[PDB]
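Quick notes on the structure that follows.
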2 protein chains.
Amino acid sequence: XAXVXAXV
Amino acid sequence: XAXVXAXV
DNA sequence: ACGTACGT
DNA sequence: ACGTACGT
Ligand SMILES: *C(=O)c1cnc2ccccc2n1
Ligand SMILES: *C(=O)c1cnc2ccccc2n1
Ligand SMILES: *C(=O)c1cnc2ccccc2n1
Ligand SMILES: *C(=O)c1cnc2ccccc2n1
Ligand SMILES: [Mn+2]
Ligand SMILES: [Mn+2]
């Protein structure tokens, strides 16, 4: 759920 | 992510 | 269930 | 002169 590199 | 010239 | 982020 | 960055 976090988006820092994918943002699921 | 390394920073040795840009640091991203 | 998911990888993005640069230049001296 | 090289890899760090999170939870809905
Ligand atoms: C977001 O909160 C989140 C948490 N755990 C994960 C595990 C695997 C893929 C994506 C995920 N996203
Ligand atoms: C994004 O591509 C990405 C990859 N790995 C991680 C590990 C820990 C926190 C955040 C991350 N983000
Ligand atoms: C940092 O770990 C890192 C890794 N690969 C990259 C590629 C392109 C721009 C920035 C990057 N940063
Ligand atoms: C910084 O500007 C920079 C440019 N190219 C590189 C190549 C290899 C290692 C580190 C680098 N840093
Ligand atoms: Mn991963
Ligand atoms: Mn987790």
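Sequence lines set the chain letters: A, B, ... in the order given, protein chains first and strands last, and positions in each chain run from 1. Non-standard residues appear under their parent amino acid or as X, and any extra atoms they carry are left out of the contact counts.
Picking from taspoglutide, taltirelin, echinomycin, oxytocin, capreomycin, the molecule at chain B is echinomycin. Other chains within heavy-atom reach of echinomycin (chain B), distance under 4.5 Å: C, D.
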